[PDB]
Participant: 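Colchicine + Tubulin beta chain, experimental structure. Questions below.
By convention in this document, chain letters (A, B, ...) are assigned in the order of the sequence lines, proteins followed by strands, and residues within each chain are numbered from 1. Just so you know, ligand 1 is whichever comes first in the structure, and atom 1 is the first atom listed for that ligand. All values below were derived from every heavy atom in this structure, side-chain atoms included, with hydrogens, water molecules and symmetry-related copies excluded. If you're wondering, the header gives X-ray crystallography, 3.5 Å.
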Amino acid sequence: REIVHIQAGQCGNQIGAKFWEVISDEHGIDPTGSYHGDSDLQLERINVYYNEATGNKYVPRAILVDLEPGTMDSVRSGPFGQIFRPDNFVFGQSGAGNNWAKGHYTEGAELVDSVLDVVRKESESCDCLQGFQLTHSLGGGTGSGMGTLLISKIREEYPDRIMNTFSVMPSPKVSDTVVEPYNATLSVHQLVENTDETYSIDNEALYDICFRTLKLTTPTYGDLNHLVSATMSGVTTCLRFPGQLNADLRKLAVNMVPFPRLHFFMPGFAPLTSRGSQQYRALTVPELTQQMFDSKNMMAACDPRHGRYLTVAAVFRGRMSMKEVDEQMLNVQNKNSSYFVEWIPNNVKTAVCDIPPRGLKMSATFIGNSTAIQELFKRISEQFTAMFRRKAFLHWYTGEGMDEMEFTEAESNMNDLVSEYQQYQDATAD
Amino acid sequence: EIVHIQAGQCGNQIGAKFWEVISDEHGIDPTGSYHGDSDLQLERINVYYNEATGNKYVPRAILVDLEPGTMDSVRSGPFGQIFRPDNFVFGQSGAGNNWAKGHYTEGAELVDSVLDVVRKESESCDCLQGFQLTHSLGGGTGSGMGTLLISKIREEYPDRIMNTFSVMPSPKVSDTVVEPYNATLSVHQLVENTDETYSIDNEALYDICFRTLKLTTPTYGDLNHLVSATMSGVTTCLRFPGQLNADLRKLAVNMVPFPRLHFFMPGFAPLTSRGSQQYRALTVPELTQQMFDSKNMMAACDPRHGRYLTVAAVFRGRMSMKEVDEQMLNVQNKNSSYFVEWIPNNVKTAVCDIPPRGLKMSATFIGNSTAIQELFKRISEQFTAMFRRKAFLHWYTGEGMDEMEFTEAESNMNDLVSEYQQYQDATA
Amino acid sequence: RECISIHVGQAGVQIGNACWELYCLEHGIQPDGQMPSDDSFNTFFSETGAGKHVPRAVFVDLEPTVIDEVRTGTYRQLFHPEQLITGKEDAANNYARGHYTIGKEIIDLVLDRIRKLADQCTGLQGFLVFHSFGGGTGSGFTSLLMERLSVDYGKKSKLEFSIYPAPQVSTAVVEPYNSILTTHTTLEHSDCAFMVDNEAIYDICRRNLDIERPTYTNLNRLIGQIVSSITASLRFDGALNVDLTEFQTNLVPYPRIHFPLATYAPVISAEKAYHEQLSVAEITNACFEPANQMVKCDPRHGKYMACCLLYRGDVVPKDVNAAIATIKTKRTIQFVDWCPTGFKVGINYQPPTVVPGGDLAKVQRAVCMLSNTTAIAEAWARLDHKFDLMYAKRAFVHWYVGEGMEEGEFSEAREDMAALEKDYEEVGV
Amino acid sequence: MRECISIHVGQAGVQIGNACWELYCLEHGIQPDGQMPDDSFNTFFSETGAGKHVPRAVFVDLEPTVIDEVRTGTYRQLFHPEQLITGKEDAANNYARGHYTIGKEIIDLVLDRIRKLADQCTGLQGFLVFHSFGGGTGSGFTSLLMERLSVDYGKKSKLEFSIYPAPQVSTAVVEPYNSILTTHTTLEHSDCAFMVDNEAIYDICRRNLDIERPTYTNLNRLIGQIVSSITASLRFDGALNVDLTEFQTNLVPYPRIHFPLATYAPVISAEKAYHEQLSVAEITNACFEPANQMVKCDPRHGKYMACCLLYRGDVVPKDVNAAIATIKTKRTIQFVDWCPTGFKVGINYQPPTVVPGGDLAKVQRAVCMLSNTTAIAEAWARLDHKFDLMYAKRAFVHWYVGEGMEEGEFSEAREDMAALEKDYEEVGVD
Amino acid sequence: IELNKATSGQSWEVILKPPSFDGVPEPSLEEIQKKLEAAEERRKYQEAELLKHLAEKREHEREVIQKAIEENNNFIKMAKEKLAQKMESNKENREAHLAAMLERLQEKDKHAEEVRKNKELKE
Ligand SMILES: CC[C@H](C)[C@@H]([C@@H](CC(=O)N1CCC[C@H]1[C@H](OC)[C@@H](C)C(=O)N[C@@H](Cc1ccccc1)C(=O)O)OC)N(C)C(=O)[C@@H](NC(=O)[C@]1(C)CCCN1)C(C)C
Ligand SMILES: Nc1nc2c(ncn2[C@@H]2O[C@H](COP(=O)(O)OP(=O)(O)OP(=O)(O)O)[C@@H](O)[C@H]2O)c(=O)[nH]1
Ligand SMILES: Nc1nc2c(ncn2[C@@H]2O[C@H](COP(=O)(O)OP(=O)(O)OP(=O)(O)O)[C@@H](O)[C@H]2O)c(=O)[nH]1
Ligand SMILES: COc1cc2c(c(OC)c1OC)-c1ccc(OC)c(=O)cc1[C@@H](NC(C)=O)CC2
Ligand SMILES: Nc1nc2c(ncn2[C@@H]2O[C@H](COP(=O)(O)OP(=O)(O)O)[C@@H](O)[C@H]2O)c(=O)[nH]1
Ligand SMILES: Nc1nc2c(ncn2[C@@H]2O[C@H](COP(=O)(O)OP(=O)(O)O)[C@@H](O)[C@H]2O)c(=O)[nH]1
Ligand SMILES: [Mg+2]
Ligand SMILES: [Mg+2]
């Protein structure tokens, strides 16, 4: 019934801030922190991500963490900025400098205990703490390093709580930090080990969407971050907004996760939109259903048709015919039957929210456990194994403490996950 | 003097019907006061009724049930006021169509308590004849507790005679799957404990109501109307003064030739309808041959399948013993193969010059026929169906019993049929 | 000269009621005991201090009803409360119950009322025992009584008045069992036993008396008339049969054959137009036709060994011997080798008394006959086969063995009941 | 006297109970205050000094939501705050949580309200356990409580109303695990269980109440109608007949063979108008169409070991016998050799009372036919297969195992089913 | 021929053909009671033997109502004892999982130290 939020590094805070902007508006809250919405369903499950305060005011339950005032300050002098409790901002001046070892081991650890002090506070003032939510860059230092350092330390203190992450996978198409596959692979190692579920926001898909579809020639971060938040409101829809269910991170986890290592989701959303552009021609029900099982709409650059879905959860928003939905939902699975594991009876589940997102009359989210997600991990292993072969940029890590075998440790652990994903892709009933 | 216990749903409704028919014959109006015309009634009124002095009358009736329901029906019933309040002995946990509940666990809890009423009610009598138990053989209170109560009484009053009006079950009337289990278990206890037992087959009562009485929907009231007739019919000799002059033990001595062979086939003529219409009387020959014919038996057997060991017959109403005796000698001469030649004068007649209520003639029959083994094979067979596969046994084994009691109770009834046979074939 | 009339069981008890009814009528005794204006009547009446003549009779039953019907009747005053002994439950058609069960209980007390009835005697001859045969009481107790009476009154007489059973009369299915076990036990004891075949009395109350369904009363009205005709000489100052030991000699030559066949005339009704009354020649011929016989067994085919013609009233010896000469003329009438072909005739000149307001007719003349005939074996053989059928298959036996008897007692009784029938052969040669 | 307590186990269990209890208040003209403007209904309710008729029932759930809906709902005063038990932490659609982890933290309190309800019982007949088959609470908690009453109340009558999973009506991939897990653990501790296959409930509304999208209520209002017809014979002493426990004697041949099949009739929507009405002979034959069944199975193929007709309203033996007459010629009603070919018939006075603002219309003469057919083992077969499929791969299993549960409990619980499956085989042998 | 004469009676023999053959021939109280006391012995014993077979039955019922009393109690043992095992095995089990996961984490927290050590060793 209560989710504690943590944003890490640049991306972490960048995506977190937008999520908070999106969901405050979605809940009818102003930058100051005072309610104004008409429907009292906005206040229904507000207790989840928000704190009740003096003057009946609301404050997001989130810990702002980074090893540089940079983004930290951009957030404060941003739209909602004042809405956050400034005591939660745990900001060093070190700068992990897109180095996992600086975040996870050295420069991060010093701040980690200060961070926890705040988490232990936010966890305390809770009727029932559900679990934690992390938004972080898998290629940076603070996000991927200190972020996963934070997970492991939170995981010690509260093993009984759901660990959920929004892990944004790097792309050579979006960054020239050559070491990124090093920080990526090391972070995946931690994720496969200490998080209940992870939504794989891949910077490759985010770009190609913003480029090939949204047609924005030189996509800005704002252009990407917007899609991130579109899926983040979507995934968290029934966690926040009321409905038939019930509305638990754990219930979702138990239903969505058949095997414990395999918990990386392929987020998808329809309709795709250009940041801050007024919509006109609305979508039909089969458009949303078709345009949701489209590789074209997946936040992680992998082809759902290349693999097989183990579990799928599709959240449609805004008032529409459930019969039209159920009719279509069943067309899709009964036609594309090859891409659904026969050994997981009734693998597709659909939720409908009457409350839609701002500027949309109809939206639809997709969460999927398709084995196809290996295409993501594979991509990174090659990127890593290319440089590691040649011990490239490695001294940045060794001189930060870090051992050499720890790299080969994470590389082969990643290679296990790949094979593990294929094992079940192949696997049949007979 | 006589003590009358009524056990279970069946036995109580059965019992209250006897107690109302005989109270009409004795002028004991629902309240408890003699109003009858002739004092011929009053003569042998001490057999069934006591005095409140008064000069009110109380039946020598003990009421038993392991649940209130039926006790209250009697209370609410017309002739219910006449019963001694301190005589209704009932539990709350229904025994629910389980012989093992009524006979063991549940019964035991009310037995001692009931026995006290019989201890007391037996004190009031100068010299008691014995006991009368009316009950169902497929139930639990009646079927199990009644047989329990019998064994208890036999122990307490060994010299006293055990007479029962035991109603045999049937699938034509009652859907309770378990019935052949209770029946067998209870038959086994009667074979060894009662002195005379009146076999009332429900198969036959339903068949009479149906084929013969043309009643499309036979209700218990109709099936029970037939029983009250056959009760007041066989108890004409105990309640009515004449050249008989008999008792429970005299009847038993004369009817029962071998111990275990003591189950009787009640008969009645005419088979009247519950209500309509009473018009047109019967001749003597009509009344005799009807009564001897299988279509008039309360037990479902064929007298022509066996051989009668002994026969008893109480003709009521104004007639002539010449006419009557002339037909009895006619029958025995005509159907000579079905009367055991090795028991001289094996048929007894009795004529009472009092007819029952409404009808101006009656002819109640009792026959110790070897043919009754048919009624026992009928049950023993029904039992085995379930038994070979041990179906519905769990309800009984749960009560504390063992399969051995079922094996024994059947084997004992199989030995009875084996015995009833021995004599059916036997000749001088 | 005194005489104790014992009545065991319902038949004998009911029969005793009709006996003393006629006795008190014939002697003018009122149902209270007094008799206003030969003295031999006293042979049966013990006069009290209050001038009343209480009978020398002890009534016995194992259930109350019947003796309780005496303390109801007008003749309730006639007897003391001690002489009417009643139990609570009868020997329910069971000999073994009457004998070993309820018997053992009531014996001593029954013998006491006899002792104290006999503690009034200047010369008690014997006892006149009255009973049934097929009754639980009129077989079980009676036979037990004769047993102890024989020890307690050795050398004193016993005159059995037994009622042989019949199907046309209220009979029971066990009757032939009781009938044999009794006779076996009441044989070495009885000195003379008068059988009354209920079969004959039945139709005699019909063919001659016009009553189709005769009541026990009507049946007994006749029995008492024949019973009183036997006792006439004992109750009066008569010549023939002046004592109990007279029949025992005059009729019983061979001891086990102590069953004389009785005969009675004139069997006559009242609700019929009056005419000329029967003569000595009329009744004597009627005395020899089995259409008036007591026990149904062919005299015409069966050797005699005795005969006594006991007349009553308006008779004269010449006409008696004139009516005797008539029969020897055409009828040869058989007799055993060792026996004289002749009868001891007796006339008690007293008037034949009938019940006032009865079905019987007031006749000035009457007769009776005491005749020991081998034909009386035809009566036993009837009862012997009835016993024979049931005992083979052991039908009803369990009731008897349940009352303390032994299974052997049936064979023992049937061996003796067969022995007796060989004695009817050994005699009727 | 003849008292009986009803125990409701989360969501399905609670919601169903409310439909039951509201209908009961209507049946015995009771007002939602406990007050009311025959005494046989006191076997379910209990009168206090003020003349308040509180039900002999317990509402239990591991989380608050559903029981809170009752605590504020249209009948808030009809119960005790003590007799309405709740947790906070849900069973997360996991049996292992429902049974162990979360369950243990309430059981003791729960059993106490049962004991306090048990005290006011002059002569307790037994218990009625309304639970889900696939719910974390409905499965885990129920079995724990059922095991605990077989201890506390020893060999006392434990009756059940199980809610068989249907994909059409919600579900969650794991449900068949929770289904088979509870089926197993409850078996020894049950007396007689009434299954309700949610698809057959769905199918009926769709077909007769003409509801294209059946709401939970729509189903429950219907379910409560069938359940009430079963318990009619307890809260009503109608001379006519009405006699449960007597039915149970024919219904339960052997102890493991305790699943009667309900075939309710007539389900008619308030729209028909001049349809008035069905004859006894019509509704009798209605019970023989597999379209009216509570659990989807085929007893035309299946053998029989009991048939019990529970009539209610305008019923006269004449035509019931005439009805039973015709059916007895229809050569599809084939019984076993060891079993008689009879029908235990019970009739009630009080006809079915209908809910204000309902879907169904006031029927003059209703029935429900309980029967012991081997065709029920199809429900087991249906469930066992889906189980096998996921178990084969040990899919989701880790969530159970993670809450304590040994890997063997699943196999044990499956062989037990396989045995019961084979037991219905064996029994059907002639 | 003549026999006797009296007040209210008279008698005389009346011969016809005399006998062809001049010749003719061709109880204790103790042993009554001895038979009666043997008879009662019988009656009293078989009725006393009956009372033994009835007392035999009274014991079966005494054992049967007892089997049922134990049958439920032995069952409550099994039910209570199983539940006790299950909650324990589970308490044991769930706790070994939780303990081993924090041990893995603590070991992974150990590595961190020897790394900041390998950084200072390099420095
Ligand atoms: C074959 C015997 C049946 C079980 C009867 C009967 C029950 C009965 O007599 N009952 C059960 C309540 C009372 C009674 C009757 O119907 C109200 C009344 C008139 C009566 O006779 N009352 C009794 C009172 C009474 C008797 C016994 C016990 C308790 C009360 C009386 O008049 O004295 O129904 C009429 N029957 C024909 C039936 O049609 C019943 N059907 C069945 O059981 C069938 C079809 C027939 C046997 C195999 N299966 C059922 C549909 C009611
Ligand atoms: N003629 C005649 N025979 C009688 C009379 N009463 C009974 N009997 C016969 O006696 C026989 C039965 O013997 P009972 O003496 O009556 O029976 P019981 O068992 O000895 O005596 P209770 O049981 O006390 O009546 C049958 O043969 C009857 O026909 C009677 O008054 N007159
Ligand atoms: N017929 C019917 N089925 C229901 C109802 N509520 C839930 N279900 C079914 O119950 C199953 C899911 O189990 P639940 O009872 O919801 O779960 P629970 O663990 O008992 O309760 P929670 O604590 O809320 O999770 C699915 O098969 C649903 O379709 C209802 O009111 N009616
Ligand atoms: C208490 O009621 C009765 C009691 C008895 C009898 C009887 O039938 C007429 C009764 O009426 C039913 C009786 C029965 C059967 C006999 O033989 C089969 C017999 O010989 C003799 C009898 C009875 N004796 C007579 C002479 O009828 C005595 C016992
Ligand atoms: N989508 C998205 N990616 C970002 C954003 N900021 C940085 N990144 C990505 O994050 C990776 C580097 O991590 P970064 O957030 O700069 O480092 P940190 O400050 O140490 O967490 C690269 O792959 C960048 O593309 C952002 O706001 N949005
Ligand atoms: N003829 C008749 N049979 C009845 C009556 N009541 C029930 N039965 C039969 O009784 C049996 C069931 O036993 P019952 O006396 O009702 O139950 P109990 O209370 O356990 O003795 C079945 O064979 C029924 O057919 C009745 O009054 N008359
Ligand atoms: Mg007698
Ligand atoms: Mg749950």
Participant: Name every ligand number or chain letter assigned to colchicine.
Facilitator: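 The answer, copies included, is ligand 4.
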Participant: Find all other chains that place a heavy atom under 4.0 Å from colchicine (ligand 4).
Facilitator: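 By heavy atoms, the other chains are B, C.
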Participant: Tell me the name listed for chain C in the PDB entry.
Facilitator: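 The PDB gives the name Tubulin alpha chain.
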Participant: What does the deposited model list as the covalent connection for colchicine (ligand 4): residue and atom, or none?
Facilitator: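 The covalent partner is absent; none is modeled.
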Participant: Quick one: what's the source organism for chain B in the PDB entry?
Facilitator: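 Per the entry, it comes from Ovis aries.
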Participant: What residues line the site of colchicine (ligand 4) at a non-hydrogen cut-off of 4.0 Å?
Facilitator: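 Within 4.0 Å (heavy atoms), the residues are B:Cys237, B:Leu238, B:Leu244, B:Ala246, B:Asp247, B:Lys250, B:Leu251, B:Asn254, B:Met255, B:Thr310, B:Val311, B:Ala312, B:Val314, B:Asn346, B:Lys348, B:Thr349, B:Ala350, B:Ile366, C:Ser170, C:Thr171, C:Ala172, C:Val173.
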